[PDB]
K.L.:
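Structure of interest includes alosetron; see the questions below.
Chain letters run A, B, ... following the sequence lines, proteins first, then strands; residues in each count from 1. Per the header: electron microscopy, 2.9 Å. Hydrogens, waters and symmetry mates play no part in the numbers below; they use all other heavy atoms, side chains included. Indexing begins at 1, ligand by ligand and atom by atom, following the structure's order.
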Amino acid sequence: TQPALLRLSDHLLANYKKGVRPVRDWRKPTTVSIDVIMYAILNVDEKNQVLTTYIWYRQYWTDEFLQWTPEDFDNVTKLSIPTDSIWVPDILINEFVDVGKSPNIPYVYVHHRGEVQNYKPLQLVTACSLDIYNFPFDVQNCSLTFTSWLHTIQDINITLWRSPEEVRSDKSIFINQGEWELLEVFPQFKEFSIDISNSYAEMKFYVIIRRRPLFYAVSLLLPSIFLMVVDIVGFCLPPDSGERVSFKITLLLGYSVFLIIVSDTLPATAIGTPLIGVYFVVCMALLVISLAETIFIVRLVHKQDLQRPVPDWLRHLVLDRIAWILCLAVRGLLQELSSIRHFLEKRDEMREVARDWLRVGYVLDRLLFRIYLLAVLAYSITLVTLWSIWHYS
Amino acid sequence: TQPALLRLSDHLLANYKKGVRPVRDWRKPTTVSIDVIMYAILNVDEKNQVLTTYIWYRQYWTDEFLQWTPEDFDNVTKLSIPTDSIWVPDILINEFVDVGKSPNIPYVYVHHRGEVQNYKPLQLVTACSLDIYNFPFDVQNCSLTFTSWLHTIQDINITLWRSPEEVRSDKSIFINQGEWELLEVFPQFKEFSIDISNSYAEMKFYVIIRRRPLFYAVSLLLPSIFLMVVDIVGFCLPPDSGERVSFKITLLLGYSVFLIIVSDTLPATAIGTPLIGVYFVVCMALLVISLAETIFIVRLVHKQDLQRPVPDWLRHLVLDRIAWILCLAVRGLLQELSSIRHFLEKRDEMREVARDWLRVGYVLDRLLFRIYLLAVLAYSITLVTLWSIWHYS
Amino acid sequence: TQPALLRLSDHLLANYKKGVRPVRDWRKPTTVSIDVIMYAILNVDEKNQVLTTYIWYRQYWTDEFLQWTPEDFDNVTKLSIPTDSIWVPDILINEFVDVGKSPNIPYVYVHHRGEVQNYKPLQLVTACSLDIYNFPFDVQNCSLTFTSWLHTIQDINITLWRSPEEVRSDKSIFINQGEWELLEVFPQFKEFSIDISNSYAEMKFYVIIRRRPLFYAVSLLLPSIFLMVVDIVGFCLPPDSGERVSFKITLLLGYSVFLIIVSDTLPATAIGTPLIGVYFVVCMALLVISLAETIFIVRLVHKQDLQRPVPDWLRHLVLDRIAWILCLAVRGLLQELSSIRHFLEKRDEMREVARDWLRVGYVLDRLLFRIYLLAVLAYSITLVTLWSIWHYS
Amino acid sequence: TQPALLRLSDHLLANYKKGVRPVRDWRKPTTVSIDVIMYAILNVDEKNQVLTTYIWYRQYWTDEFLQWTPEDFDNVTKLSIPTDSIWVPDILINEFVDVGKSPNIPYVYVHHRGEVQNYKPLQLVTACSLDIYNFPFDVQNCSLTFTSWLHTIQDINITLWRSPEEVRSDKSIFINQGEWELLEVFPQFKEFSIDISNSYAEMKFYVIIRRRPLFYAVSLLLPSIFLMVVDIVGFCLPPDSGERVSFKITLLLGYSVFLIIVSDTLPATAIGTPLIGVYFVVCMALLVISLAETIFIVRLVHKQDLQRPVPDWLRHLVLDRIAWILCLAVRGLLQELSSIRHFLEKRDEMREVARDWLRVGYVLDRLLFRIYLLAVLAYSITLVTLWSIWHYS
Amino acid sequence: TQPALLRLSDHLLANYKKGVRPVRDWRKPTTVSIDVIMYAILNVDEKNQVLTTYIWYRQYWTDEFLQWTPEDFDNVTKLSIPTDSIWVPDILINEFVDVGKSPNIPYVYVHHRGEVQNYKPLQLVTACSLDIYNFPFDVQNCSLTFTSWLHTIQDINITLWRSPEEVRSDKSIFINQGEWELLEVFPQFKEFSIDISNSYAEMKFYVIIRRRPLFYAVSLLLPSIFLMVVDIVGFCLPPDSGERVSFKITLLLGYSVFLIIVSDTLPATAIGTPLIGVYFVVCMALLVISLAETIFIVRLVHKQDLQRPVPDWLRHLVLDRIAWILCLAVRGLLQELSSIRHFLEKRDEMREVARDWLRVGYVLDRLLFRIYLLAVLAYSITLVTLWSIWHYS
Ligand SMILES: *[C@@H]1O[C@H](CO)[C@@H](O[C@@H]2O[C@H](CO)[C@@H](O)[C@H](O)[C@H]2NC(C)=O)[C@H](O)[C@H]1NC(C)=O
Ligand SMILES: *[C@@H]1O[C@H](CO)[C@@H](O[C@@H]2O[C@H](CO)[C@@H](O)[C@H](O)[C@H]2NC(C)=O)[C@H](O)[C@H]1NC(C)=O
Ligand SMILES: Cc1nc[nH]c1CN1CCc2c(c3ccccc3n2C)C1=O
C-alpha cells in the first residue's frame, strides 16, 4: 500500500526504546558535535560574581537505529521527529548556579544515515570570577564548559561542529549598545577528572568582554572637576572677613556627601577598591590642605593683644619673598591733656601693630595660593597624560 | 448507528499521528498565516535594553488529514479539538531573552477542508535597541520577528492573515494612559540565512511607540526654574553685609543635591547622557558666575589698610558707566592739642578712602546685575522658542 | 453483582471522550453560569496601571453524557469526579497581563441530571486605568471581564448563577484594615465583537474601591503645618541682627529637601500631578514672599554712607501708618578746638540719620508681619473649609 | 508461586480506581486527622497584611479498598506506595493569597487495615490582620484554617491526630534568634457555612507570636537621647554672641532629617501611626520651645536706640526673681568744651542703658534654663517609669 | 536471536514495579551511601537567618531486582537507565525553608550486581543561626542534615561513600573571590527521634565559613579616621572669632548623617549590635567633649560687663599651669576736662579687664588641646594593638 509518508515514521518508531544509548556495539562512544553563537550579555553582577548571558546552541550526534534507505519511501532524505520520542544526551555546564528560563523546541531533524540535529536557545546563569582592579577600563574573561554530567569518556565524547577559527571570529548577531562589548569566543578541548578511573569530556568556551567606559567617566569626573573649580574661586575671599572658613567647611561637607553616592552605585570585590579609589582620596586630601591653609592664616591676622613680630621673621618675608618670587590752675591743665594724649596713643599703637601682622598675612597668602595652584595643575595634566597613552590603539 | 456527533471525532482521530507534518506529498510546504494585535506596553527598560509587551495572537494552517464531508455527519462544518492531539508548528521570536507567563488555551477549531485555527495570548520579553538622545521627546522603533525555529523554507513558510494596511491602522484595544503611546505596527516579510543552503521564513513586525513627555517636563523644570528665581532675589542683598556669600554657597549646595536625585530616576545608555544633560550644566555654570561675581566684589569693598584708587580707574567708572548705561606753659598746650588733632585726622582719612572704594563697588554691582539678568532672560526665551517650534504639528 | 458504588463511576466513564463538547445536538450551545466573591485587594500599582486581587470563583454547566438514574445505583444522587477526566470550558479574562499563582482543585461535583459544579480560587493580575486626580480621596473603577477565549456565541454562552442584586450587596468575607475599601461589585452582560461573523459572550464585573485617606493626611500635613509654624516664629528676630536671613534660607533649604521624599513615595500618572500638588507649591511660594520681605528690609536698615530719607516718604509712613493701622597763642587754641568739635559733629550726624532709617524699618516691619499673618490664616481656614464639606455624608 | 513481596502491591492495585472516594457505603464520611508543627516564621509584612511561615504537616485517613491479611504475604504489616496512585483528599487553607514553593514527597504509608499516612512540609503565604498600635511591644494573633475545598460535611470531616494540649505546648524545633518569638499554637474545630444546606468542616489553628523589641529600642532612642543632650549644651552659649540662633536651627534641621529615615524603615497601617509616634512629636515640640526661648531673648538684649526699662518690670525681675528662686577768647573756649562734653555724654548714657537691658536678659535666661531642664527630666523619668512596669513579669 | 543490546533493557524492565522498595526479604533495610562537594556560597542573609549554597551531590544504593550475568549479553557490565523508571529514595534536608531551582538529570548508572549510581547538582535554601557579635571578623557554623523523610531506620539507613577525612579536606572546586571563605565540611552520623518507636537516620554535614574582612574595614575606618582629623585642625581656630562653634556643629551634623548610612548597609540580629557598634559611640562621645570644651571657653572670653577674676583663680592658672606643664572762667575749664578724663578712663579700665580674661582663656585652651590630643592618640594605638594581635596566625 501507499497511503502517505507517515509510513516512514511508524516504520522508524514501531519498536524504538528511548532509554537505550543508540549503538550496535556497546564499546564505541557516541560523539556529540556542538556549536555556539553568543547573542546578548544580559547582566554582569560584580558583587555576587554571577554572569547572565543568552546564546544560540546546536548539536548533532549519530543514531544507529534511525536509518532507512530513501527509496521505498518516495525519496525522503530527512524528516522532523518530536524531541521526546528519541534518545537525547545530557549536556550541561559546570558553572551553573541557577536555571534560566528558555523556550522549548519540540522537534529535531533526522537524516537518512542517522544524523540527528538539534537546535535550541539557552539562557545561562553562570558563575565566573570578576576582577575590577581598573574599574571602567576592564576586560573580563569568563568561561563556559559544556560537559556530559553522567556518562564518562567511554560513552560520550564532545567535539566541535566547525573549525575553531570560524567560531572565534563570529560577532554577527550580537546585540550592541548595551554597556558591554564582545571581543571573542575561543573554544578549547580538555578532559576532566577528580578521582581515578573516571574521565569526562568537556569543551571550554572562553568569553572575553570589555566594558564601555564612557558614561562612568563623565558621571565621576564632572562632579570631581566641578568641586575643584569652586575651591579655587574661594581663595579670592579675603581671610580677615570671617567667611573663608565657612566657605571651606561647607564645600568639604558637600564633597563627602558625594562619595557615599559613588559607593552606592559602584561595587567592590573581596580584594577591595579599584585603582580609581586611590584617585578620589588624593582629591580628598587636597581639600584638607586648603582647609588647613585657611585656619593657619586666620589665626595669624587676628586681633589678640598683639606684639610686634620678629624682625628676623619680617625681613625674609616682607623683603625677600616679594623679590625672589613675587613682583597752679595753668599747670593743672596740661597734666590732664597729657593723659588724654596717652589714651589716644595706646589706641593708635595697638592699631599699627595690627597692620604689620596684616601685611605678613597677605604676602604669605599669595605665596600659598600659587603653590596650591601649581600642584592642582601638575596633578591634573598627569591624570590626562595617563589617559592619552591608553587611548592610542 | 447514530449515537451522537462524537462519531466525527473518533473517525477523525482513530489513527492520527501528531508527530508527522501533515502533507500527502512531502515536497510541498505547510503555509502558516499569522496576525497580531498589540494590547499593552508593560515595561520599557532603558538600562538593560529590554521591552515587555502583551499581544493577542492568532494563526491558521492546512491539515491534509483532518478532512471530512459534512454530510454523513449531520451537516457539521466545524468542531473544536484539544490542542495536544494534533500537529502544531513551532513559531518563535528571534528577539527572546526570557519566557513570559501566558495563559494556556486548550482548544482549536477545525473546518471541514482541514483549516485549523489557533487563538492564544502571549506575553513577550524581547530585546530591542533604545536610543534616548532626546530623552522625553523620543520615538522608539523595536522589532518582533516571528519565525520557525527548526523547519526551513521548504517545510514551513509564513504569510499574513489579512492585508498589511489593516494591520497597520489597528489601535482599537490598546490600553492608554500608561506613559507610552502606540503609533503603528508595520509588517514585513524577509528570509533569514546565516550559512548557505539553510533559509528560514520570517515576518518582522515593527512596533513604533512614543513617550508622553508631560510629567518629566514638570518634574525637571519646576525645581530648575525655582532655584533660578531664588538666585535673582539674592542679588538684592548688600555685598558689605557678610551674608551674600553664605547665601550663594548654600543655594549652590542645594542645587548639587538635586542633580543626584535626577540621575537616580533617569538612566543613560552606553552613548552617554541625553541632550537635556547639556541644559543642566549650562544652568549649573550660570550659578558659578554669580558666585564668582560675589567673591570678586566682596574682595573689593572691604577694609584692609587701603589706598585711594587709581584716578584712571575711577574716572571711567564713576563718570562714564553711570552716563552711558545707568541713570612755656601756654606753648606746651597746643603742641599736645595738635597731636590730638593728628590722631583724629588719621582716623577720618582712613574712613573717607573706604567710602571711595564703596562707591566703586555699587556702580559696578548694578552693572553686573543687569548683565546677568540679561543673560538669564535671553537663554530662557531661547529654551521656550525651541519648545514651541516642536509643539506645532 | 453488587461490589460497591464504584460501579457508578466506571459505568459513567467507560467510553467517555473528554475532548468533545458534550451535546447530543451540535446546534445548541453550552451555557455556563458563573459567580464571584471578592476576598482581598492585594496590590494597586498606580505607575504600571496594574491591579492584583484574589477572588473565590464557581461555575456550573450541563453535561449531556454524565447522566444516570439514581435507582440501580443505591440512590446515589451526586458524586465527585476528578477534574482532568471530563470536559472543562475555557473561561478567561480579557484584562490579563500576567498569570497569578492559584491552588489546584482536583475534584468536581456531578449531579444525576448532568449538572457539573466547579469551585476554585483565583489570583488575578489585571490591567485597569487609574486616575489619581484627587489623590487620597479617590474612588477607582476597575473591570473584570469573563469570556470564552476560543468558542463563539453559538458554542458557549455565559450567564449568572444568582441574581445581580445578591452579587452587588456581598461584602461578607472581605479582608479589611488594608488601605483599600470595597464598595460594590456590579455585574453586566455584553457581547464582544471586533470583526464580523464572530461574537463572543462576556460578563463584566465592575469593582469599585475607595482609598482610606487617613495616614496620607497626617504624613503630609504634619510636616507642612510644622514648617509654617517655625517660619512665623522667625519674624520675631530683629532684622538688623544678621541672623534672620540665615534663618530663612536654612528653613527654605529644609523644606525643599522634604518634597523630594514626598515624590519618592507618591507616584503620578501620565496626566501629571494630582490636585494636592497645587497646594504644595502655594505653600512653597508663600515662603519665598517671606524671604523677599526679609531681603527687602535688610537692605533698608543698613549703614551705607546714608542720606536723610524723603520727607514725603517719611510723613505717610511714620505719621499715617501708625494711626490708620497700628497703635596769638590764645587764638591758636580755639581754632584747633573747633576742628575737634567738627570731627565729633560728623560722627554724630551720621549716627542720627541711621536712626531715622531704623525707625522706618520697624513701622514697616510690623505692617508686613500682620499682612503675612493675615494671608496664612485666610488660606489655612480655606483648606479646612473644603475638607469639612467633604466629610459630611 | 512465591517470587517476592511485590505480589502484595499488584494484588492491591490491580483494579484500583483513584478517582473514587474510598467507601463501601456512600453514606459514611471520610475522616481526616491532621497535625501541625510550626518550624519558622519567614516574613511578617505589615504593609500588605501578609504572613509567611513554614510548617511540617501530617495527616491520615482510612481507605476501605487497601486492606489485606498479613498472612499469605509473609507477615507484611505495612508498605510504601506512590502518592499519585491512590485517592488523596483536598485540604486547603482559607487564608491563601499566593502559592508557596514546597518540596514534593512522592510516597505514603499504608497499614493493613487501610490507614494511609501522609507526611509533607508546606510553605504558607497567608493573610492575617496586623495591628501595630504599640509597635515594638506587640503580640500578633494570626490564623490558619484547614478545610476541604469541594467536599461538604457529609463527605469529609476533619479531626485532630493527638490531643489539643500536646499541640499547644510544642516548641521543640522552632528556629529562634529571628526577630519573632512563637508563644503557642492553639487548635479549634468549627463548621463553615455561607448559604444554607452546605456546611464545610474546618479546623482553626491560632498562631500567637511576639516581637523581640531590643534592636528597635536602641535604633530609636540612641539618636533621640543624643540630640536632646546636644540641645542642653547649647544653652551655655551667651545669647548676645550671634551663634545660639544658628546653633538651634542647625540642630532642628538635623532632627527633621532623622524622622524621614524612621518612617522609611517603620511602616504604619490604615489606622495610622503607633503610640510611639506620639512620643516623637513631643520631643519635636520640646525643641521648638527652646528655639522660641532663644528668639525671645535675642530680641531683648540687642542695641536698638533703647530706652530705660519699666521700673515695675525691673523691680520684680532684678530683686524678686534672684531672691525667691536664684541665689571774649576765654569765654569762647569752654562753650566749645561743653559741646565736646555733650557728645561724650550721649555716648555714655546710651551705653549704660544697654547694660540695664543686658542684666535683665541674664537673670531671665538662667530662670528659663532651669524650667526647661526640669521639664526634660520629668518627662525622661516618666518614659522609664512606664517601661519598668512593663518589664516586670 | 541477537538484534542489539537493547535486549538487556527489556529483559531488565519487562515486569518491573517502581513503587516497591527493592528487597527480596522485607526485614533488611536499603543502605544509601551519599557524598557532597560544596561549589559556591551564593547568599548569606543575616536578617532572615537564611543560607543559600550550591552543592554537587551523589549517592548509590543496591537494587535486588536489577541484576544480570554479563555473559549472554555480550559482556555488558553497566548501562544507563532513565531515572523515572526505577525506585528512587526520598532524601531531603531538615533545614529547608524554600525550594531551589536545580537542573534535572534524567539518567542513572546500573552495574551488574544491582548498584545504582545517581549524580545530581542541588541548590539549597536552608536556615541556620548566624551570630554576628564580631561583625567583620566572624566565623559561621551552619548545618546540612540529609535524612529520609518517610521511611524509618528499619527501611532506609544512610552511610558515607568515602572516608570522613577525604570529605573534610576537599576544597578543589570552590569558587573563591566572593566575600566568603570555605574552611571545612565535616560529616557526622546521628539518629533522629521526636516520639518513641520512630527513629530516622540522618547525616549532618557541618559547613564552616569565614568572612573576608577587607572592604568592610576600609569602608568604615576611612570616614571614621577622616572626620577625626578634621576635628583636630578645627582647634587651631581662635575661640574669640565666632567660627569655632559653627565649625563643630557642622562637623557633628555631618558625622550623624554618616551613621544612618552605616546602619542601612550593616544589619543586626535579635541580640543587638555587634562589638564595633561600641567603637562608634566612643568616637561619637569624643566629639561631644570637643563641643563642650568650645562652648565652655566661648562663655569665658566674651565681653559682658565683666569684673576682674579671682586672684586665687588667676595665680594657679597664669603662674603655675605655664611652669608645670607648658613652657571763675579758668576754674570752670578743668572741672569739665576732669569729666572728659573720666569717660575715657572707664573706657580703658573695661578694656584691660577684658584682656585679663582673654589671657586666662588661652593658657586654658592649649592645656585642653593637649589633653584631648593625648586621649585620641592613646585610643588610636589601642585600636591597632587589638588588631595586630589578631592578625598574627
Ligand atoms: C464604572 O465604569 C463603568 C464604565 O463602563 C460605568 O459604566 C456605565 O454604567 C451604566 C449603568 O450604571 C451604563 O448605562 C453605561 O453604559 C456604562 N458605561 C459603559 C461605557 O458601558 C459604571 O457606572 C462605573 N461605576 C461607578 C460606580 O461609577
Ligand atoms: C486570638 O484570636 C481569637 C479570635 O478568634 C481568640 O479567639 C477566641 O478564643 C476564645 C477562647 O480562647 C473563644 O471563646 C472565642 O470564641 C474566640 N473568638 C472568636 C471570634 O471565635 C483567641 O483567644 C486569641 N488568642 C489570644 C492569645 O489572644
Ligand atoms: C479577546 C477574545 N475574547 C474572546 N475571544 C477572544 C480572542 N480574540 C477574538 C477576536 C480576535 C482575536 C485576534 C487576535 C489577533 C488579531 C485579530 C484578532 N481578532 C479579531 C482574539 O484575540
K.L.:
For alosetron, what are all the matching ligand numbers or chain letters?
P.N.:
ligand 3
K.L.:
Main binding partner of alosetron in this structure, as named by the PDB entry?
P.N.:
5-hydroxytryptamine receptor 3A
K.L.:
Please list, by chain letter, the other chains with any heavy atom under 4.0 Å from alosetron.
P.N.:
B, C
K.L.:
What are the neighbouring residues of alosetron within 4.0 Å, counting only heavy atoms?
P.N.:
B/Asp35, B/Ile37, B/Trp56, B/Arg58, B/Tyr119, C/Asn94, C/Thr147, C/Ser148, C/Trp149, C/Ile194, C/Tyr200
